[PDB]
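Chain lettering follows the listing: the opening sequence line is A, and each later line takes the next letter. Heads up, chain A uses the PDB entry numbers, so what you see runs 4-68, 94-154, 177-286. Chain B is numbered as in the PDB entry; shown residues: 4-68, 94-154, 177-290, in order. In order, the residues displayed for chain C correspond to 4-68, 94-154, 177-292 in the PDB entry numbering, which applies throughout. Chain D uses the PDB entry numbers throughout; the residues present, in order, are 4-68, 94-154, 179-287. Order of listing sets the numbers, starting from 1, for every ligand and every atom in it. In what follows, every heavy atom counts, from backbone to side chain, and hydrogens, waters and symmetry copies are set aside.
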Amino acid sequence: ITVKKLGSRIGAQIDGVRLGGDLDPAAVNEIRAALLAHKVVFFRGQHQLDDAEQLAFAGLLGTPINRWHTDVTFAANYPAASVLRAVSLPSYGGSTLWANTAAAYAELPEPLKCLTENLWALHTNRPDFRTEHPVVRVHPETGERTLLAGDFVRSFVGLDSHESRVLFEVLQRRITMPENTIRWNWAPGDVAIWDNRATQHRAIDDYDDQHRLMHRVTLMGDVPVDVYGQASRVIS
Amino acid sequence: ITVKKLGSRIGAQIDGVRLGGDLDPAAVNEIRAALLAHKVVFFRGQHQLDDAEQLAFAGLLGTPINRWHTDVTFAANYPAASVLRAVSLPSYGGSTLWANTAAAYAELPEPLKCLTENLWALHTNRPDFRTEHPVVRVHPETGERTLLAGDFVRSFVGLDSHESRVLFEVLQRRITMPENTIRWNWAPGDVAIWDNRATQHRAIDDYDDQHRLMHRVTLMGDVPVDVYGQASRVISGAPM
Amino acid sequence: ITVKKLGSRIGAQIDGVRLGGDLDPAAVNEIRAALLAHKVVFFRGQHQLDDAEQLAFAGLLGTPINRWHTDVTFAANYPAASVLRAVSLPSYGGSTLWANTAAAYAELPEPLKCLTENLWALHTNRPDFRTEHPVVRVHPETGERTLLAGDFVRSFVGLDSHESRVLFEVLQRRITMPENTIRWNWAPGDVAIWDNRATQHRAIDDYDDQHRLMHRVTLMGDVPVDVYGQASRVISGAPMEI
Amino acid sequence: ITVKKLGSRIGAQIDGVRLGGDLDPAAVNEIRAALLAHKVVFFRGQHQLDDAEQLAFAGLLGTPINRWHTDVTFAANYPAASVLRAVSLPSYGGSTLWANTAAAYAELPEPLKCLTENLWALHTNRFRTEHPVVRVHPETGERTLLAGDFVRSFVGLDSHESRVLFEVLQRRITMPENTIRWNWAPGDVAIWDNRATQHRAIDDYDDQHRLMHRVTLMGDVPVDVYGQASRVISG
Ligand SMILES: O=C(O)CNC(=O)c1nc(Cl)c2ccccc2c1O
Ligand code: NI
Ligand code: NI
Ligand code: NI
Ligand code: NI
């Protein structure tokens, strides 16, 4: 079970594993360890997988349930991870991006850390769901500080509309800087696992009207907490 | 001596005082108190003041030496205050703007305080002066925090070009909010005194190609210190 | 009747006129001419005016009915001008800002004219009025081109959120530039008249929470037309009546 | 001899051709067509190349001489295309991005076309040259956005506006749907049309070594839609 490093700050490929429900404990711990470290992990050659096999494999890692986003951040208890499989890919394009929000934080100048540590964003959906998340959250498992932003961010608490947009785009520019991202060229039998609590992702609509079907199993999450132990606030 | 507020966050007009080199200590203590409190103070009908009589008066406040700026912040020990007198005005226009950078800091959300308190800016003169000032200085006399920025800020330390211009303009917008500024319509024999340690100012070129003349006496200042007690840093040049 | 510039781009003071319904028709022509030329005009020491006499004077100019805005641009036929009179001023502060959107357009570099001439904007009251105005309207009387924007602007047609807000701030920066504005220190008896088809205005809340009250009389305006001659489009809400 | 589409707006892979001076002109015409259509073209498994044989193939196209840029736009007669080859790659990362500035222009809302057609940018290195923001491509006749990180300012606009409009343009240009990210493998060769693209290196390999051999071709002076050519300030 080798783990190939793809990029300096994000992405790893994992060889010598056949994803499925009947897997070894020691194997799973290598996967989680690689997931937490590299934020998104990839599995080639997984042509054995159907839905039920992918769902059973997800059950080991946790509890099963365009533009840059963390999935469902308008909700308070937003997903921990996702297992995504290709079933039907187009003849060209259809690649996907991931960004490491843990490394994003780490590389912030200390002034911007000061800012973000104490900053809170209003996440919403465009049935109206509203959550105030901290822009910085501590990762339950790794204890890493990770920026929490993305396209569900409506505004920052306290700041006016102009300041919100401007500061928002400042963070996203760092979060999605090419060095801090990985772009995956999907082939059949590929499976990506990403930590939704330390990443943003983005689909790319570069395959025209071609069909592109994927199968996604999303693991259960938990309410974020900032560096002062403050958890997220609900409204709607 | 009576002092009248002009706006809620800045400006005061002081009557009952003829400015000159020979003034009562108690009176100059009331002027300074008003200057520190209101950041800019205006004197009507000071027709007796010529260059020499102005220079004298300024010497009771300290030691004698268009875009929103704080005067000469590309130097480490930039001036504390200035006395500006009108002599030849235009027939219309030619007002001047002042911004209270102390009230600006106070109005900030806590997130932007965190930022500004720890943010440091490189001020330059496009002689090659270069100075790393804090974005927040503690005022030597009032102890108030004041935002230190303006048109001499080339960049912020640790941030790139884009982040800099972005945050620069975010700060300047809050500083130059109309409610945090005052526009002075110059009449002849008007004298303005402003605290350069707690303000920005801007001249308005709305008098076409008419002649304009003012007389400025600028006072010696000290090196700023951040909220932790760290001084500004001379990269190039020498103190004033 | 004298009319005095208060600035190169905007503002003028008019003295030598007792305002009221019994005004000399030739004097009204000079008022109107000044208003169109200088965008906002001020009268000092008009202590004789009241609600009734102001409304009467207004009727000679046209038909009667904080942050930078043109008045009620969320409607299609937004006012042509307004007459504003002080009744009760605070002891300090309370000054008001005007910006010249005609001068603003004139100063635009050619590329930015290309953009603005061809740019439309959705205005809204944040009742549910929603209107697509041109960012440049041709002025009925003067024939001048004026930038039409302000705080009611929600977005620009054909452009996404980021682009819209970015370009919006580009224009507002030019409009509200100090050179292109005037700030009025209100005294009792002061009256201000401005052309709402060629200006934005902004109240300044720099008087804490002291008591302030003005009285305003607003005139009827027409629907803006772009340089090509296309008129503003109503999406929701009725035009202004009376 | 086949050419495969990599993404809707940009990117092509050309398989079944050995690059070098020893190539049928008929193949060169099929390669040039792809380069003009797809803006960047990729050759897998070109293990048998070297500095001499890359240069010979570059001559068949024309006349031989990190952040989002078009190469050497501070110059006026800046390059037409480049042939880049991997000689020694890091163990991980080292990818490169290309953006299609022709597709960028086409996607613009009509108001932004008004602007960009009439807009001019001062390009510089930290030489100086005033280029049109929209150039007409000499071969294809397509209108392409011309910007990148050599742009200091736009002619007639102040610093703030220039800066703020610049990011509006670059944001569209570098929109993922308009780009391609290439994972470099041994013996890979890319040719890109520098007149219709931007490119960006990705420094995501810590302190590792990515040696690349580039061969750049001669390119003519840009012209705007009105026919006005670029003005040189500092030659
Ligand atoms: O005092 C002033 O600056 C004049 N006020 C206005 O033009 C004005 N405009 C609008 Cl759109 C509103 C809108 C709502 C309430 C008061 C308003 C107002 O006084
Ligand atoms: Ni998603
Ligand atoms: Ni100055
Ligand atoms: Ni109004
Ligand atoms: Ni290059």
Subject >> Drug choice at ligand 1 - XL413, FG-2216, MK 1903 >> reply: FG-2216
Subject >> Name in the PDB entry of chain in most contact with FG-2216 >> reply: Alpha-ketoglutarate-dependent sulfate ester dioxygenase
Subject >> Other chains, non-hydrogen atoms under 4.0 Å from FG-2216 >> reply: C
Subject >> Interfacing atoms of FG-2216 (cut-off 4.0 Å, heavy-atom, C:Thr124) >> reply: 3 (O)
**OP:** Find the other ligands and ions that have an atom under 4.0 Å from FG-2216.
**Re:** ligand 4 (nickel (II) ion)
Original post:
Is FG-2216 under 4.0 Å from a heavy atom in the side chain of C:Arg252, in the backbone, in both, or in neither?
Top reply: neither
Original post:
What part of C:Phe202 sits under 4.0 Å from FG-2216 if we count only heavy atoms: the side chain, the backbone, both or neither?
Top reply: side chain
Original post:
Which UniProt-listed 2-oxoglutarate-binding residues of chain C does FG-2216 come close to, with any heavy atom under 4.0 Å?
Top reply: C:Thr124
**OP:** Tell me which UniProt Fe cation-binding residues in chain C have a heavy atom less than 4.0 Å from FG-2216.
**Re:** C:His97, C:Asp99, C:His251
Subject >> Residue and atom name of the nearest protein heavy atom (relative to atom 18 (C) of FG-2216), distance in Å to one decimal >> reply: C:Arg266 NH2, 4.1 Å
Subject >> Contact check: C:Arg262 vs FG-2216, nitrogen or oxygen atoms, below 3.5 angstrom >> reply: no
Subject >> C:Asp99: numbered FG-2216 atoms lying under 4.0 Å from its heavy atoms >> reply: 6 (C), 7 (O), 8 (C), 9 (N), 10 (C), 11 (Cl)
**OP:** Among all protein heavy atoms, pick the one closest to atom 6 (C) of FG-2216 and tell me residue, atom and distance.
**Re:** C:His251 NE2, 3.3 Å
**OP:** Starting from atom 1 (O) of FG-2216, find the nearest protein heavy-atom neighbour and note its residue, name and distance.
**Re:** C:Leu112 CD2, 3.9 Å
Original post:
With a 4.0 Å cut-off on heavy atoms, does C:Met264 reach FG-2216?
Top reply: no
Original post:
For FG-2216, which residues in other chains have any heavy atom nearer than 4.0 Å?
Top reply: C:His97, C:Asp99, C:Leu112, C:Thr124, C:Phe202, C:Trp244, C:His251
Which protein N or O atoms sit under 3.5 Å from any N or O of FG-2216? Give each pair with its distance.
{"from": "FG-2216", "atom 1": "7 (O)", "to": "C:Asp99", "atom 2": "OD1", "distance (Å)": "2.8"}
{"from": "FG-2216", "atom 1": "7 (O)", "to": "C:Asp99", "atom 2": "OD2", "distance (Å)": "2.8"}
{"from": "FG-2216", "atom 1": "7 (O)", "to": "C:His251", "atom 2": "NE2", "distance (Å)": "2.4"}
{"from": "FG-2216", "atom 1": "9 (N)", "to": "C:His97", "atom 2": "NE2", "distance (Å)": "3.1"}
{"from": "FG-2216", "atom 1": "9 (N)", "to": "C:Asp99", "atom 2": "OD1", "distance (Å)": "2.6"}

